[PDB]
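Note: structure shows caplacizumab engaged with von Willebrand factor.
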Amino acid sequence: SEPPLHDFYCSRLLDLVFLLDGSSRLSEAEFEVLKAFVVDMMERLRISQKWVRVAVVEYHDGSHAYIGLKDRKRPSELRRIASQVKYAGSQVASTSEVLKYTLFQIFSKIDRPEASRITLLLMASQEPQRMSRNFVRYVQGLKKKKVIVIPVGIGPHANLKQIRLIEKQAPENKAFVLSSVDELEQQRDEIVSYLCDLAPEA
Amino acid sequence: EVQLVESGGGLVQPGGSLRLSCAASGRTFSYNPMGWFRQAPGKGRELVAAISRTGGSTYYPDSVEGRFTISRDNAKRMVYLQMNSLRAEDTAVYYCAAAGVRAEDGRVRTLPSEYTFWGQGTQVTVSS
(Lines of atoms letter the chains of each structure in order from A and count residues from 1; the text may use other names and numbers.)
(Lines give C-alpha, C1' and ligand atoms only; values in the text may rest on other atoms or scores of the structure.)
Protein backbone atom coordinates (compact mmCIF):
# COMPACT_ATOMS: atom_id res chain seq x y z
CA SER A 1 0.00 0.00 0.00
CA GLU A 2 1.05 3.59 -0.70
CA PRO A 3 -0.04 6.44 1.61
CA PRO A 4 -2.04 9.44 0.36
CA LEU A 5 -0.21 12.38 -1.17
CA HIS A 6 -2.92 14.94 -0.32
CA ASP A 7 -5.66 15.60 2.19
CA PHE A 8 -8.16 14.98 -0.61
CA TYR A 9 -8.25 11.23 -1.16
CA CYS A 10 -11.21 9.61 -2.92
CA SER A 11 -11.75 6.13 -1.43
CA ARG A 12 -14.84 5.04 -3.35
CA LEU A 13 -15.89 2.34 -5.82
CA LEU A 14 -15.04 3.87 -9.18
CA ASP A 15 -13.75 2.84 -12.59
CA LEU A 16 -12.31 6.05 -14.07
CA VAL A 17 -11.18 6.27 -17.71
CA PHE A 18 -9.02 9.20 -18.90
CA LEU A 19 -9.18 9.77 -22.67
CA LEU A 20 -6.52 12.22 -23.88
CA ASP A 21 -6.86 14.13 -27.15
CA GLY A 22 -3.85 13.16 -29.26
CA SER A 23 -4.37 15.75 -32.00
CA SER A 24 -2.13 18.65 -32.99
CA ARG A 25 -4.72 21.11 -31.65
CA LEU A 26 -2.61 20.73 -28.52
CA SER A 27 1.05 21.59 -28.87
CA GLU A 28 3.60 19.26 -27.31
CA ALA A 29 3.87 21.64 -24.35
CA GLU A 30 0.09 21.89 -23.96
CA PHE A 31 -0.15 18.10 -24.03
CA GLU A 32 2.36 18.14 -21.17
CA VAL A 33 -0.05 20.27 -19.14
CA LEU A 34 -2.89 17.87 -19.97
CA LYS A 35 -0.78 14.95 -18.74
CA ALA A 36 0.07 16.84 -15.55
CA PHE A 37 -3.66 17.28 -14.95
CA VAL A 38 -4.22 13.52 -15.28
CA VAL A 39 -1.36 12.86 -12.86
CA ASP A 40 -2.74 15.51 -10.49
CA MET A 41 -6.14 13.81 -10.55
CA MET A 42 -4.63 10.36 -9.95
CA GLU A 43 -2.78 11.66 -6.87
CA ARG A 44 -6.20 12.45 -5.32
CA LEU A 45 -7.65 8.97 -5.90
CA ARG A 46 -7.18 5.79 -3.87
CA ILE A 47 -6.07 3.66 -6.81
CA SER A 48 -6.59 -0.05 -6.13
CA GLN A 49 -8.57 -2.87 -7.69
CA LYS A 50 -11.01 -2.64 -4.78
CA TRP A 51 -11.34 1.17 -4.77
CA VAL A 52 -10.60 3.48 -7.73
CA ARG A 53 -9.43 1.81 -10.91
CA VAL A 54 -8.00 3.98 -13.67
CA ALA A 55 -7.42 3.69 -17.40
CA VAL A 56 -5.42 6.10 -19.56
CA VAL A 57 -5.82 6.22 -23.35
CA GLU A 58 -4.38 8.69 -25.85
CA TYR A 59 -6.60 8.86 -28.92
CA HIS A 60 -5.76 9.89 -32.48
CA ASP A 61 -7.10 7.98 -35.51
CA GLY A 62 -7.08 4.96 -33.25
CA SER A 63 -6.26 4.38 -29.59
CA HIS A 64 -3.05 3.87 -27.64
CA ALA A 65 -3.88 2.44 -24.21
CA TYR A 66 -1.22 3.10 -21.57
CA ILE A 67 -3.11 1.89 -18.50
CA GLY A 68 -6.00 -0.54 -18.24
CA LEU A 69 -8.53 -0.80 -15.40
CA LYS A 70 -7.30 -4.26 -14.38
CA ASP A 71 -3.58 -3.34 -14.38
CA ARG A 72 -2.29 -4.37 -10.94
CA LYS A 73 0.52 -1.85 -10.47
CA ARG A 74 1.43 0.53 -7.66
CA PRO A 75 -0.21 3.98 -7.91
CA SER A 76 3.25 5.59 -8.08
CA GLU A 77 4.03 3.45 -11.15
CA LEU A 78 0.67 4.19 -12.80
CA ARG A 79 1.28 7.91 -12.29
CA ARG A 80 4.75 7.52 -13.81
CA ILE A 81 3.25 5.74 -16.82
CA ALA A 82 0.68 8.50 -17.28
CA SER A 83 3.40 11.16 -17.04
CA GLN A 84 5.33 9.43 -19.87
CA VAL A 85 2.43 9.27 -22.35
CA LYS A 86 4.02 10.18 -25.69
CA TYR A 87 2.89 13.18 -27.73
CA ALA A 88 1.20 12.15 -30.98
CA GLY A 89 0.29 15.49 -32.56
CA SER A 90 -1.92 13.68 -35.04
CA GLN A 91 -4.12 15.38 -37.60
CA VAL A 92 -7.22 13.51 -36.39
CA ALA A 93 -8.32 12.67 -32.86
CA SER A 94 -11.56 10.74 -33.34
CA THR A 95 -13.96 10.94 -30.41
CA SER A 96 -16.21 8.39 -32.13
CA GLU A 97 -13.42 5.82 -32.33
CA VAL A 98 -12.22 6.27 -28.76
CA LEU A 99 -15.77 6.03 -27.39
CA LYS A 100 -16.21 2.85 -29.43
CA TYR A 101 -12.99 1.60 -27.82
CA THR A 102 -14.27 2.55 -24.37
CA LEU A 103 -17.60 0.80 -25.02
CA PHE A 104 -16.33 -2.36 -26.74
CA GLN A 105 -12.87 -2.82 -25.20
CA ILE A 106 -12.70 -1.16 -21.79
CA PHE A 107 -16.27 -1.90 -20.72
CA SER A 108 -16.81 -4.99 -22.87
CA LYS A 109 -17.47 -6.76 -19.56
CA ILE A 110 -18.52 -4.92 -16.42
CA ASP A 111 -16.27 -6.60 -13.86
CA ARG A 112 -17.55 -4.34 -11.03
CA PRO A 113 -21.32 -3.70 -11.13
CA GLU A 114 -21.05 -2.20 -7.63
CA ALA A 115 -18.72 0.58 -8.84
CA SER A 116 -19.55 3.75 -10.70
CA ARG A 117 -18.01 3.99 -14.16
CA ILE A 118 -16.88 7.37 -15.50
CA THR A 119 -15.23 8.36 -18.76
CA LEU A 120 -13.38 11.71 -18.67
CA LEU A 121 -13.23 12.69 -22.35
CA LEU A 122 -10.61 15.44 -22.62
CA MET A 123 -11.32 17.02 -26.02
CA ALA A 124 -9.38 19.72 -27.86
CA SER A 125 -10.42 19.11 -31.46
CA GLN A 126 -13.25 18.29 -33.87
CA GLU A 127 -13.19 15.02 -35.80
CA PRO A 128 -14.30 15.12 -39.45
CA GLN A 129 -18.01 14.47 -39.83
CA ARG A 130 -17.32 11.36 -41.95
CA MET A 131 -16.08 9.73 -38.73
CA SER A 132 -19.10 10.66 -36.58
CA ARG A 133 -21.76 8.47 -38.23
CA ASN A 134 -22.09 6.21 -35.17
CA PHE A 135 -21.16 8.74 -32.47
CA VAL A 136 -24.62 8.77 -30.87
CA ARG A 137 -24.82 4.94 -30.98
CA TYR A 138 -21.61 4.67 -28.96
CA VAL A 139 -22.65 7.30 -26.39
CA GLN A 140 -26.00 5.52 -26.06
CA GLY A 141 -24.16 2.21 -25.67
CA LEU A 142 -22.17 3.68 -22.78
CA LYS A 143 -25.35 5.01 -21.16
CA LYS A 144 -26.85 1.51 -21.30
CA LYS A 145 -23.79 0.17 -19.45
CA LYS A 146 -24.24 2.89 -16.79
CA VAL A 147 -21.02 4.60 -17.90
CA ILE A 148 -21.12 8.33 -17.21
CA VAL A 149 -19.42 10.35 -19.96
CA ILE A 150 -17.97 13.65 -18.80
CA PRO A 151 -16.63 15.72 -21.70
CA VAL A 152 -13.97 18.26 -20.83
CA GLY A 153 -13.67 20.68 -23.73
CA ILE A 154 -10.27 22.35 -23.93
CA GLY A 155 -9.47 25.29 -26.16
CA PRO A 156 -11.38 26.90 -29.02
CA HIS A 157 -11.33 23.83 -31.30
CA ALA A 158 -13.17 21.48 -28.94
CA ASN A 159 -16.15 19.80 -30.62
CA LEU A 160 -18.84 21.79 -28.80
CA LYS A 161 -21.78 20.16 -30.57
CA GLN A 162 -20.56 16.67 -29.69
CA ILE A 163 -20.19 17.92 -26.11
CA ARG A 164 -23.80 19.14 -26.22
CA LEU A 165 -24.80 15.83 -27.83
CA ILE A 166 -23.12 13.97 -24.97
CA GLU A 167 -24.94 16.05 -22.35
CA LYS A 168 -28.30 15.37 -24.01
CA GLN A 169 -27.98 11.56 -24.15
CA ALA A 170 -28.08 11.26 -20.34
CA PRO A 171 -28.50 13.77 -17.48
CA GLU A 172 -25.43 12.38 -15.68
CA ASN A 173 -23.22 13.53 -18.59
CA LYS A 174 -22.11 16.89 -17.21
CA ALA A 175 -19.64 18.90 -19.29
CA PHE A 176 -16.69 21.11 -18.35
CA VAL A 177 -15.70 23.66 -21.00
CA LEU A 178 -12.28 25.25 -20.47
CA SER A 179 -10.43 28.12 -22.14
CA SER A 180 -7.18 26.17 -22.50
CA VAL A 181 -5.04 23.57 -20.75
CA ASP A 182 -4.00 26.25 -18.24
CA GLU A 183 -7.51 26.10 -16.77
CA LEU A 184 -7.21 22.38 -15.93
CA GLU A 185 -5.22 23.00 -12.74
CA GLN A 186 -7.72 25.65 -11.66
CA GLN A 187 -10.77 23.42 -12.15
CA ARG A 188 -9.07 20.21 -10.95
CA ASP A 189 -10.33 20.42 -7.37
CA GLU A 190 -13.90 20.94 -8.61
CA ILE A 191 -13.67 18.14 -11.16
CA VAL A 192 -12.28 15.54 -8.77
CA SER A 193 -14.82 16.40 -6.06
CA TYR A 194 -17.56 16.04 -8.66
CA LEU A 195 -16.32 12.64 -9.86
CA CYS A 196 -15.88 11.35 -6.32
CA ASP A 197 -19.44 12.46 -5.48
CA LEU A 198 -20.71 10.27 -8.35
CA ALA A 199 -19.24 7.11 -6.81
CA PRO A 200 -20.61 5.08 -3.89
CA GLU A 201 -18.73 4.69 -0.63
CA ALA A 202 -19.72 1.02 -0.23
CA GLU B 1 -15.48 -1.40 8.89
CA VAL B 2 -12.87 0.80 10.52
CA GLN B 3 -11.32 -0.57 13.73
CA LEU B 4 -9.30 1.50 16.23
CA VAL B 5 -7.27 0.14 19.17
CA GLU B 6 -5.57 2.48 21.66
CA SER B 7 -2.68 1.87 24.02
CA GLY B 8 -0.20 3.85 26.10
CA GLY B 9 -2.26 5.00 29.06
CA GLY B 10 -0.69 5.04 32.47
CA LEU B 11 -0.44 6.45 35.97
CA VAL B 12 1.92 9.41 36.16
CA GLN B 13 2.87 12.10 38.61
CA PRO B 14 2.09 15.71 37.69
CA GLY B 15 4.66 16.91 35.21
CA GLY B 16 5.04 13.46 33.67
CA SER B 17 4.74 12.31 30.07
CA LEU B 18 2.82 9.70 28.09
CA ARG B 19 2.51 8.87 24.42
CA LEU B 20 -0.77 7.28 23.41
CA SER B 21 -0.96 5.11 20.30
CA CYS B 22 -3.90 4.19 18.14
CA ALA B 23 -3.72 1.42 15.56
CA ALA B 24 -6.22 1.66 12.71
CA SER B 25 -7.37 -1.20 10.52
CA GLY B 26 -10.27 -2.39 8.36
CA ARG B 27 -10.66 -2.34 4.59
CA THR B 28 -12.57 0.93 4.55
CA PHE B 29 -9.90 2.82 6.54
CA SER B 30 -8.68 5.58 4.21
CA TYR B 31 -6.15 7.42 6.39
CA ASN B 32 -9.11 9.34 7.73
CA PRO B 33 -8.78 12.59 9.66
CA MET B 34 -8.29 11.40 13.20
CA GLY B 35 -8.69 12.83 16.66
CA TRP B 36 -8.29 12.15 20.36
CA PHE B 37 -11.15 12.69 22.77
CA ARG B 38 -11.10 12.55 26.51
CA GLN B 39 -13.82 11.89 29.02
CA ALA B 40 -13.41 12.81 32.65
CA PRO B 41 -15.29 10.53 35.06
CA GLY B 42 -19.04 11.09 34.78
CA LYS B 43 -18.67 13.87 32.20
CA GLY B 44 -18.85 14.26 28.43
CA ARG B 45 -16.39 13.59 25.64
CA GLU B 46 -14.20 16.49 24.51
CA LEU B 47 -11.98 16.66 21.44
CA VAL B 48 -8.44 17.43 22.66
CA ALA B 49 -6.45 16.91 19.44
CA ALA B 50 -7.20 16.49 15.76
CA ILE B 51 -5.11 15.85 12.66
CA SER B 52 -5.63 15.91 8.89
CA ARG B 53 -5.28 12.91 6.58
CA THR B 54 -1.67 13.85 5.66
CA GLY B 55 -0.76 15.19 9.08
CA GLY B 56 0.03 18.64 7.72
CA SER B 57 -2.58 20.34 9.91
CA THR B 58 -3.67 19.93 13.51
CA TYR B 59 -6.04 21.35 16.09
CA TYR B 60 -5.96 21.55 19.88
CA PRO B 61 -8.22 23.46 22.25
CA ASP B 62 -6.42 26.15 24.24
CA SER B 63 -6.74 23.97 27.42
CA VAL B 64 -4.13 21.45 26.15
CA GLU B 65 -2.36 23.51 23.49
CA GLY B 66 1.37 23.54 23.97
CA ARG B 67 1.24 20.34 26.01
CA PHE B 68 -0.28 17.77 23.65
CA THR B 69 1.02 16.82 20.19
CA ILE B 70 -0.94 14.68 17.71
CA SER B 71 0.95 12.99 14.87
CA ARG B 72 0.35 10.09 12.52
CA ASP B 73 2.23 7.46 10.54
CA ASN B 74 0.32 6.48 7.44
CA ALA B 75 2.72 3.67 6.52
CA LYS B 76 1.84 1.97 9.83
CA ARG B 77 -1.77 3.27 9.94
CA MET B 78 -1.14 4.77 13.38
CA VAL B 79 -2.03 7.99 15.16
CA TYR B 80 -0.31 9.21 18.32
CA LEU B 81 -0.91 11.66 21.17
CA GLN B 82 2.19 12.85 23.00
CA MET B 83 1.16 14.25 26.39
CA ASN B 84 3.74 16.39 28.18
CA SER B 85 3.63 18.30 31.47
CA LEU B 86 0.63 16.29 32.62
CA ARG B 87 -1.79 17.88 35.09
CA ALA B 88 -4.27 16.43 37.55
CA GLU B 89 -7.10 17.72 35.37
CA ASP B 90 -5.81 15.58 32.45
CA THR B 91 -7.05 12.45 34.25
CA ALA B 92 -9.61 10.84 31.94
CA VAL B 93 -10.25 8.02 29.54
CA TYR B 94 -8.74 8.96 26.17
CA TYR B 95 -10.36 7.73 22.95
CA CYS B 96 -8.97 7.57 19.44
CA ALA B 97 -11.51 8.47 16.75
CA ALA B 98 -11.71 8.61 12.96
CA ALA B 99 -13.85 10.96 10.87
CA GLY B 100 -16.18 9.18 8.49
CA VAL B 101 -18.41 12.02 7.28
CA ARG B 102 -17.30 12.94 3.74
CA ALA B 103 -13.98 11.29 4.46
CA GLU B 104 -12.57 12.13 1.03
CA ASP B 105 -12.08 15.63 2.49
CA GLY B 106 -9.05 14.98 4.66
CA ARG B 107 -8.93 18.32 6.42
CA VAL B 108 -8.80 18.48 10.21
CA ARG B 109 -12.19 17.89 11.83
CA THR B 110 -13.23 19.89 14.89
CA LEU B 111 -16.90 18.98 15.20
CA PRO B 112 -17.59 15.83 17.28
CA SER B 113 -20.39 14.83 14.90
CA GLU B 114 -17.80 14.34 12.14
CA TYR B 115 -16.19 11.50 14.14
CA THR B 116 -17.69 8.15 13.16
CA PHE B 117 -15.33 5.41 14.34
CA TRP B 118 -14.11 4.96 17.90
CA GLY B 119 -11.56 3.05 19.92
CA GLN B 120 -12.25 1.50 23.30
CA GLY B 121 -10.31 4.10 25.29
CA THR B 122 -7.16 4.07 27.40
CA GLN B 123 -6.93 5.34 30.97
CA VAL B 124 -4.70 8.28 31.87
CA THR B 125 -4.35 9.05 35.58
CA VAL B 126 -2.30 11.97 36.89
CA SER B 127 -1.88 11.84 40.65
CA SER B 128 0.59 13.32 43.13
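Convention: sequence-line order gives letters A, B, ...; per-chain numbering from 1. The header says X-ray crystallography, 1.6 Å. Side chains are part of it too, since the values below use all heavy atoms of this structure and drop only hydrogens, waters and symmetry mates.
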Could you help me spot every copy of caplacizumab here?
chain B
Give, as side chain, backbone, both or neither, the part of B/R27 having an atom under 4.5 angstrom from any heavy atom of chain A.
both
Side chain, backbone, both or neither: which part of A/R44 has a heavy atom under 4.5 Å from chain B (caplacizumab)?
neither
Entry source species for chain A
Homo sapiens
Could you have a look at A/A202, A/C10, A/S1 and say which one has the most heavy-atom pairs with chain B (caplacizumab) under 4.5 angstrom?
A/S1
Select one option (side chain, backbone, both, neither) describing which atoms of B/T28 are under 4.5 Å from chain A's heavy atoms.
both
Could you pull out the residues of chain A that sit within 4.5 Å of caplacizumab, measuring heavy atom to heavy atom?
A/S1, A/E2, A/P3, A/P4, A/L5, A/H6, A/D7, A/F8, A/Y9, A/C10, A/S11, A/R12, A/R46, A/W51, A/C196, A/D197
Where is the paratope of caplacizumab toward chain A, residue by residue, for heavy atoms under 4.5 Å?
B/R27, B/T28, B/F29, B/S30, B/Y31, B/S52, B/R53, B/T54, B/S57, B/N74, B/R77, B/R102, B/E104, B/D105, B/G106, B/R107
State what the entry calls chain B.
caplacizumab
